[PDB]
A.B. asks: 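Lab note: rilpivirine/reverse transcriptase/ribonuclease H, exoribonuclea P66 RT complex loaded, questions to follow.
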Amino acid sequence: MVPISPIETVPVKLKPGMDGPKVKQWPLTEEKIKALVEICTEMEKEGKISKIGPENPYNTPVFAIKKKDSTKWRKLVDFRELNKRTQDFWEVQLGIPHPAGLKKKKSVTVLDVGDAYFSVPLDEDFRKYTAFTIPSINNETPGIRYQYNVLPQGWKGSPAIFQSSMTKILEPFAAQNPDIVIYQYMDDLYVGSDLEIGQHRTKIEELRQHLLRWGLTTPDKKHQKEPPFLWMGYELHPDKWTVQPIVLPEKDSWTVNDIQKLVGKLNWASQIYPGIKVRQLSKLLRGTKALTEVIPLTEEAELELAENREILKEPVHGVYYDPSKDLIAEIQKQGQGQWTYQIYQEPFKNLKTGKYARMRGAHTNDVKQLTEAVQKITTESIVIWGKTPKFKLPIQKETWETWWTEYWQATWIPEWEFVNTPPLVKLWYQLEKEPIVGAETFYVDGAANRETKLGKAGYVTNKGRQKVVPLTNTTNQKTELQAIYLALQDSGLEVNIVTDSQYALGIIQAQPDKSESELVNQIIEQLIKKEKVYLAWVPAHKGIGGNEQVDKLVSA
Amino acid sequence: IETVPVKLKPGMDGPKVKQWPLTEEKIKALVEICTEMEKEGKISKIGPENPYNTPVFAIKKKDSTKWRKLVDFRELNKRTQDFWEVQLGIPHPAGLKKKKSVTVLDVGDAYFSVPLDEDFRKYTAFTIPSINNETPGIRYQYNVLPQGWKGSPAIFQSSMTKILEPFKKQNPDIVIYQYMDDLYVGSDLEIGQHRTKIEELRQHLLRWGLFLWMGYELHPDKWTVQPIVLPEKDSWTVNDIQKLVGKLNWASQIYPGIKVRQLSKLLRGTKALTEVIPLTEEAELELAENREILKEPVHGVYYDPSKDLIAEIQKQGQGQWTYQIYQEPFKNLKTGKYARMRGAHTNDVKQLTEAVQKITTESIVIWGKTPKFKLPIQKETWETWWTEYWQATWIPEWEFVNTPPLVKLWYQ
Ligand SMILES: Cc1cc(/C=C/C#N)cc(C)c1Nc1ccnc(Nc2ccc(C#N)cc2)n1
Ligand SMILES: CCOC(=O)c1cnn2ccccc12
């Protein structure tokens with residue numbers, strides 16, 4: 001015999017204070033028992049399981065299930081209880097590669113490593129916890145007891161330990177062959193390269209020889225899997241990638257479950273198909289959670305759906321990453337807090353696309369949302385390519401400069417250039433830094449009775465202009481905003497406004513261009529019409545002229 | 001050799017903290033660094049039976065061609081036992097902040113000389129990710145005292161003592177203070193020979209066994225503060241008086257005796273914001289009395305070592321930043337202002353990151369601990385960029401301020 005290298009076992013423990021499973025075996029029909037005995041006899045002769053004595057206290061239930069509409073049986077060991085009691089592991093494979101970060105390959109070959117999959121030894125001290133019992137015919141003898149010597153299917157640590165063991169085996173091969181890439185998933189081993197075909201085939205034979213060191217045999221008859229590959233919802237081709245087919249169903253009536261599936265498909269599609277929008281469709285999913293409920297689609301949701309159908313009418317593919325070229329990210333505003341982007345290297349060939357939606361909030365503006373979209377794309381790009389793309393953004397350099405220098409928060413976006421591609425992000429208003437000479441000064445206030453909801457809002461000015469409006473179903477905060485609104489509505493193009501409202505100052509200092517609040521929106525619309533606005537704050541109830549006079553008016 | 005038993009605090013598991021995305025250049029740097037540490041026995045590869053993780057990244061200190069590995073042990077540090085075992089802790093030296101020059105050395109490499117307790121090593125697990133997760137992340141744990149872990153200066157302390165003993169007996173006036181991977185060495189000497197004294201110090205460490213050559217020069221005796229000051233004007237507009245009354249109203253929360261009544265009367269009627277108002281005699285007296293009040297220290301201000309320090313920062317524009325360090329609202333232990341450049345003129349977030357580092361340094365020098373920051377930045381913006389600008393070997397805790405503070409204008 002040719003000596004083979006053993007696979008070193010990973011030491012495994014139960015969670016602290018926990019013991020192994022003891023779970024009753026349910027009775028089985030005589031047929032299932034005969035089938036399990038046969039199955040286990042075979043497994044036992046190839047060393048996967050071993051018979052154990054009566055001393056082992058542990059048990060996990062075993063079942064006999066069927067293949068598809070035919071005669072044969074398969075053993076299923078239900079590890080749910082042992083899994084609850086098993087320690088956590090580190091899984092090498094989690095956070096799968098994105099196709100857009102892959103490199104084009106001339107050849108990709110697939111090798112069958114299914115025999116390794118079932119051959120990794122289990123830590124000797126942990127085997128006892130894997131004990132199971134085939135019930136006896138008629139229950140007239142002790143059940144036959146076995147435990148696992150190898151990683152069981154269904155056990156919590158099997159994927160992590162298999163991945164780690166396979167990694168350790170492949171590592172020297174990968175390290176000493178920098179001219180190939182390798183990827184391993186379950187029973188398949190993939191090798192890509194740019195090598196001349198003769199060299200590529202040789203590499204494969206060398207890998208097969210390498211694996212033989214551990215006794216892992218790869219069938220000589222060549223794999224029936226060749227590119228393109230269906231993997232993780234994608235289609236990988238040697239020179240391009242895409243998402244597997246996205247077909248949007250026709251229906252006269254839509255259900256919560258139908259809408260969730262639609263949105264799911266659209267989100268998946270959005271990583272390649274440019275301009276996909278989910279806003280109005282995800283909107284129908286709000287706060288319901290009865291999966292059978294039929295929701296009439298709004299006209300807005302119908303428009304969105306039809307827009308998506310056009311985008312999805314024919315296949316679109318992404319290209320792979322070329323490390324020798326700059327990555328460029330271009331972003332467009334779509335409206336309603338929706339943003340879309342494309343990442344490319346050469347014009348007209350995208351690596352991938354995607355979307356960003358505005359965060360839930362009372363007030364917002366386009367510059368903040370664009371900034372957020374940029375940071376999200378930046379982080380995604382670091383994950384996929386390990387570098388920040390150069391940005392093409394629909395905002396003028398002068399607009400950005402005015403924004404960040406005056407914004408109360410630190411803010412930054414990385415290297416970028418303006419692309420003139422409407423709609424452009426702009427500043428809709430900017431407040432003055434100093435009081436305006438020659439502009440009328442409005443002292444505003446509002447107040448409300450917390451009990452009855454009655455209130456007043458108003459202003460008095462240095463020219464003796466005055467207004468007080470009675471209000472119903474209002475609050476102090478709303479009256480304070482109403483007072484600012486009135487001053488804006490009644491003043492000329494340049495105005496000084498004096499308020500005591502810390503609430504209003506906080507909102508206006510956040511520079512919203514859009515609000516959940518109707519009143520804030522009306523204030524924004526008025527600010528947009530002004531040439532100059534200076535907003536001054538003073539403390540309440542201090543004896544400040546024009547402030548009392550209006551405070552007294554609005555109180556009662 | 002002589003391993004100190006270390007434990008997590010009761011009822012706590014090890015850190016599982018996600019590794020954040022790293023750039024290609026940082027990954028390459030870390031692969032090179034870790035390959036060498038592994039050869040030197042400082043770290044070892046680990047298997048899937050270790051679930052734990054702490055994030056790692058790489059930095060470049062000021063004026064250097066070499067990358068430095070930086071592990072963010074913040075979670076492990078919270079979860080690690082306080083050390084009462086032998087030492088009850090050092091009283092923080094109060095003279096350090098009074099020294100004319102304080103140089104900061106990175107001594108962390110010395111820690112690698114001490115083996116880490118075998119039972120605790122697993123909690124130091126970290127991962128070097130690969131771009132696009134195309135290859136399995138490389139998993140390691142420490143075999144020795146890691147840089148950045150709060151336990152390292154504790155366990156190494158008896159070694160550091162012996163090392164510095166001849167330097168201390170020979171230079172009894174020089175103050176040496178250790179915080180994490182840093183040694184802070186103060187003196188009143190002329191800068192030329194201060195630099196010789198620290199170089200003399202480096203040799204003791206260099207001679208013993210084995211970025212030490214670097215030094216970071218501070219002059220804490222020249223560090224300033226920011227008392228509340230009021231404008232001195234010949235003509236006051238309505239707007240000027242409104243801003244003054246606003247600022248005094250704010251100050252009256254800090255200083256009880258402050259009065260606005262006479263000033264608040266000055267504006268009488270509703271006048272144009274830009275109109276000039278002559279001060280009444282009563283108003284001038286009040287303003288004068290307020291000025292004198294603001295020259296005195298704040299009442300009932302005391303540092304409590306058992307409470308967190310909180311640091312607030314305001315962006316003032318044109319590269320200017322103000323900050324306050326306190327424990328309780330309105331009792332400020334330190335205030336300050338940075339009007340400065342150091343690159344960053346077109347980058348706000350770099351400026352803020354440098355401010356955070358400077359404030360944390362001041363905090364360590366004065367109180368021997370880092371404060372908890374309230375940062376005027378959106379979380380996603382900070383989290384994306386701060387590691388690009390970070391030159392320090394420690395990292396403080398932070399929270400984010402999403403509502404603009406009205407008080408920014410009064411620290412201006
Ligand atoms: C992640 C991955 C999945 C599969 C396969 C998964 C499956 N099923 C196969 C390989 C080789 C890889 N790994 C890498 C690494 C770097 N570039 C590439 N490029 C690349 C991969 C496949 C095709 C094709 N056709 C083209 C280029 N693949
Ligand atoms: C067990 C999973 O292994 C891999 O997918 C893999 C991809 N590149 N690579 C390099 C060395 C070892 C494993 C791998």
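Below, chain A is the first sequence line, B the second, and so on; all start at residue 1. One-based numbering, in listed order, for ligands and for the atoms of each. Reckoned from all heavy atoms, side chains included, excluding hydrogens, waters and symmetry mates.
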A.B. asks: Got a sec? Need all the ligands or chains for rilpivirine.
C.D. replies: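 The drug sits at ligand 1.
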A.B. asks: Quick one: what other chains come closer than 4.0 Å to rilpivirine (ligand 1), going by heavy atoms?
C.D. replies: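 By heavy atoms, the other chains are A, B.
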A.B. asks: What residues line the site of rilpivirine (ligand 1) at a non-hydrogen cut-off of 4.0 Å?
C.D. replies: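 Counting heavy atoms, it is made of A/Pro97, A/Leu102, A/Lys103, A/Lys105, A/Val108, A/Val181, A/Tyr183, A/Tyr190, A/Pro227, A/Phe229, A/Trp231, A/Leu236, A/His237, A/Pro238, A/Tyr320, B/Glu134.
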A.B. asks: Could you check what the entry lists chain B as?
C.D. replies: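 The deposit gives the name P51 RT.
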A.B. asks: For rilpivirine (ligand 1), find out whether one of its N or O atoms is nearer than 3.5 Å to an N or O atom of A/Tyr190.
C.D. replies: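 Yes.
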A.B. asks: Are any of the N or O atoms of A/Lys103 closer than 3.5 Å to those of rilpivirine (ligand 1)?
C.D. replies: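 Yes.
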A.B. asks: May I ask you to identify the nearest protein heavy atom to atom 11 (C) of rilpivirine (ligand 1), giving residue, atom name and distance to one decimal place in Å?
C.D. replies: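 Its nearest protein heavy-atom neighbour is A/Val181 CG2, 3.7 Å.
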A.B. asks: Counting each atom of rilpivirine (ligand 1) from 1 as listed, which ones have a heavy atom of A/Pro227 under 4.0 Å away?
C.D. replies: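 Going through rilpivirine (ligand 1) atom by atom, the ones under 4.0 Å from A/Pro227 are 25 (N).
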A.B. asks: Note the single closest protein heavy atom to atom 14 (C) of rilpivirine (ligand 1), along with its residue, its atom name and the distance in Å.
C.D. replies: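 Result for atom 14 (C) of rilpivirine (ligand 1): A/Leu102 CD2, 3.8 Å.
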A.B. asks: Is there at least one pair of N or O atoms, one from A/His237 and one from rilpivirine (ligand 1), spaced under 3.5 Å apart?
C.D. replies: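 Indeed, backbone or side chain, A/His237 has an N or O that close.
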A.B. asks: Tell me whether A/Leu236 has any N or O atom under 3.5 angstrom from an N or O of rilpivirine (ligand 1).
C.D. replies: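 For rilpivirine (ligand 1), there is an N or O atom that lies under 3.5 Å from one belonging to A/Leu236.
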A.B. asks: Considering non-hydrogen atoms of the protein only, which is the closest contact for atom 16 (C) of rilpivirine (ligand 1), and what is the distance?
C.D. replies: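 Closest protein heavy atom to atom 16 (C) of rilpivirine (ligand 1): B/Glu134 OE1, 3.6 Å.
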A.B. asks: In the protein, which heavy atom is nearest to atom 4 (C) of rilpivirine (ligand 1), and how far is it?
C.D. replies: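 Ranking protein heavy atoms by distance from atom 4 (C) of rilpivirine (ligand 1), first comes A/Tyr183 CD2, 3.6 Å.
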